[PDB]
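Summary heading: complex between forskolin and Adenylate cyclase type 5.
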Amino acid sequence: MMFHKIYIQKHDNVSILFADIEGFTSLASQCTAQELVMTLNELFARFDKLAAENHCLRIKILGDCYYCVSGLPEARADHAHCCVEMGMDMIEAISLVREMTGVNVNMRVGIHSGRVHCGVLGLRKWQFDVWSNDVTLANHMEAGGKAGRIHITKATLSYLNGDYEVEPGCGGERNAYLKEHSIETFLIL
Amino acid sequence: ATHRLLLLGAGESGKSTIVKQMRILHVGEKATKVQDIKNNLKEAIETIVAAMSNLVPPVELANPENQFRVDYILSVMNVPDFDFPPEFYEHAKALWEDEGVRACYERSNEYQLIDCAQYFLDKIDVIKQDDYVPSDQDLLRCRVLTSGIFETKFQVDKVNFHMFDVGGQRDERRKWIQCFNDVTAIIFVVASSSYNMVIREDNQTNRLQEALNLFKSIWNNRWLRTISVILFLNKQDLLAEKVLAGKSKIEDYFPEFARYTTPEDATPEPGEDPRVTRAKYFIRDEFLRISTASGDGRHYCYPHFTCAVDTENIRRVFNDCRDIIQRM
Amino acid sequence: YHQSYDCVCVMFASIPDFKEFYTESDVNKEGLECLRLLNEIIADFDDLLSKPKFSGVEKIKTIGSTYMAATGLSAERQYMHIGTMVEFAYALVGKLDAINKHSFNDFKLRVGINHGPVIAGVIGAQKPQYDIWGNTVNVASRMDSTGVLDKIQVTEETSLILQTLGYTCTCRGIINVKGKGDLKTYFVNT
Ligand SMILES: Nc1nc2c(ncn2[C@@H]2O[C@H](COP(=O)(O)OP(=O)(O)OP(O)(O)=S)[C@@H](O)[C@H]2O)c(=O)[nH]1
Ligand SMILES: C=C[C@@]1(C)CC(=O)[C@]2(O)[C@@]3(C)[C@@H](O)CCC(C)(C)[C@@H]3[C@H](O)[C@H](OC(C)=O)[C@@]2(C)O1
Ligand SMILES: [Cl-]
Ligand SMILES: [Cl-]
Ligand SMILES: [Mg+2]
Ligand SMILES: [Mg+2]
Ligand SMILES: [Mg+2]
């Protein structure tokens, strides 16, 4: 073996969702390191519940960044719908925690669909992950999204079979990546 | 069965030319290469002309009249989409016949000049015609820079070959890695004749030394420990020409040559000058010394004397390659 | 469950040029060959954790091509671990240089280090993944995101402790760090 064995595999027709809390560094500076963790554990535990139901597979949590993929490990033509539904339940979950905790937590949701490579990298501390331009794009959709709303691409819209009412997203004007890549975006109603 | 061959080597070593022979041998159309041939032509004449005044000592024109033609070439040098009026060829042709310009041509190792320079400059009257049709040799001499990876698929006796061509210049080498895994064998190309030249990248590092260092890093690479290397000691025609010319001594670039004596097991071609035999085998051994020093049993190095623009030779050497690949 | 900490050194080591090295083509199996190289890099960084001098270094995770670790989770003999983190950073550089030699590349590391109170544990509901949280972790990350290639950017508090250990620092100046504001930072001298 010249190269270490790579535990990675390609998967087409998949949907990636990204959720990120607004002003996390700002928020963490104010409240205790103890309470921040409680507010975040409360939020992410619920997210992990909603994910199993909506047939989404949660990937990782990067402090305040939460992302999952629908269409894994086994193919599912219901994928784009799952992620859209997942975001629906997410936004509502954040609303209950906003009132129950009295903390200013807001998130932006980003969704894109395409192909992804998934698996693990390295030898130690294996954590299932996804990589691809499509995943990179999905990340930028969250960055170019809007508070308390689900920002999706044209690609994700084509897998939704017209089951959701959308409005022009204008993602190109809130994020340089979406513009420079001529990506058409939409915000779900 | 499917074999994946990866072509590696420094820039201008002849990698793309080897792939071109595979198409000729085993595979609106060629009219797109006309422009590319014309570019090489314009590039060759303007480089020799622009190099005259910068050399030390400077080379002077044999004919005063040609100074005006020099002024003409340098004035159109940076022109984007050049129209190639009939005047251009007349100017190019005139300059190429001026003995001063030829003297500057003989000193081209002192600057950066493309290999197909003399081949095209001697065919101006052919290339200028409206009804010009590039011969096979014309397409083999045309030089165009490789950027990115390119896959060329072909078959020889129902056996499949996937050949990967890559950029050989420094900044291009970072892509090679993307072809290391699951490689049948590597074909390393070297410009045997470029012993008296320096690379474009910095204008100081000797071309052969660069190839040698590049070979050492491939041979001893951590990911190619069990991958064999078929070594193409390319440009044998130009090596022989330089050796026999006697103007640029090999031992003035590689001092170790002065100790070198032709091996016993040497197999020269019919009527081959013992001086050429000596030079080509010395270059070969400089590469073998590296391959000899490591690996042992895990992988092997198979050298071959080649001339990429000579379809006969490539048919011959690639058939030798097929025997190497199938036997093991 | 969760446990609170008082003095943990967090480190983020990014490879900002990787994103550009990454491409998707039929020749590179849609980015699989690039992920293969990243796997070799991450693996080479992991093998350092087996060195005796690094038994106190705890790899937390990898964020893309970024490496995240920490020391003092096994708890100036009390501030020694902070110096161990910096040494770990130099070691990653040595491994990345090795990779460059063989893959004909020129990847450079960009490191950010900080220390202070953190909270260690597991959150969520699916899988038991150990992680650390806190303002300290956020600043360490900003030290990387606003850092420089081939440099280890550290906070004022960190540069002080590093000075008592023999390390010398250069003031980068006061930079407005998103969410925090004006922070005076430093670059560890080599
Ligand atoms: N006389 C002669 N010319 C040769 C020989 N092999 C290649 N050439 C010429 O040298 C030039 C460079 O060869 P080429 O194949 O383009 O280089 P390369 O290795 O692909 O170069 P690169 O893409 O790394 S920048 C071409 O003009 C080609 O015709 C040879 O054996 N003899
Ligand atoms: C490995 C390369 C590449 C291109 C692959 C990829 O999709 C990413 O890993 C994602 C998007 C992707 O893996 C999802 C998680 C996260 C953390 C959002 C990644 C980073 O943004 C990576 O970039 C960085 C900066 O590490 C990026 C973009 O890197
Ligand atoms: Cl060469
Ligand atoms: Cl023939
Ligand atoms: Mg955030
Ligand atoms: Mg964030
Ligand atoms: Mg080429």
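Chains are designated A, B, ... according to the position of each sequence line. Note that chain A carries the PDB entry numbering, so the residues on display, from first to last, are 377-565. Using the PDB entry numbers, chain B covers 39-65, 86-386, in order. Following the PDB entry, chain C residues are numbered 878-952, 963-1077, in order. When a ligand or atom number is given, it counts from 1 through the structure's own listing order.
Counting every copy, the structure places forskolin at ligand 2.
At a heavy-atom cut-off of 4.0 Å, the other chains in contact with forskolin are listed as A, C. The contact residues of forskolin, taking heavy atoms under 4.0 Å, are given as A/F394, A/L438, A/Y443, A/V506, A/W507, A/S508, A/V511, A/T512, A/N515, C/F895, C/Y899, C/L915, C/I940, C/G941, C/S942.
Contact atoms of forskolin toward C/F895: 1 (C), 2 (C) (distance under 4.0 Å to a heavy atom of the residue). Of all atoms in forskolin, numbered sequentially from 1 with element shown, those under 4.0 Å from a heavy atom of C/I940 are 17 (C), 26 (O).
Taking every non-hydrogen atom of C/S942 and a distance limit under 4.0 Å, the qualifying atoms of forskolin come out as 26 (O). Within the listing of forskolin, atoms 12 (C), 13 (O), 14 (C) sit less than 4.0 angstrom from a heavy atom of A/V506. The entry attributes the source of chain A to Canis lupus familiaris. Atoms of forskolin lying under 4.0 Å from any heavy atom of C/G941, numbered from 1 in the order shown and given with element: 9 (O), 22 (C), 26 (O). The protein atom (non-hydrogen) at minimum distance from atom 14 (C) of forskolin is A/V511 CG1, 3.6 Å.
The protein heavy-atom contact nearest to atom 11 (C) of forskolin is A/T512 CA, 3.7 Å. The name that the PDB entry gives to chain C is type II adenylyl cyclase.
In terms of UniProt domains, the contact of chain A with forskolin runs mainly through Guanylate cyclase 1.
Taking every non-hydrogen atom of C/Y899 and a distance limit under 4.0 Å, the qualifying atoms of forskolin come out as 4 (C). Here no covalent bond joins forskolin to a chain. Annotation: atom 23 (O) of forskolin to nearest protein heavy atom, C/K896 CD, 4.3 Å.
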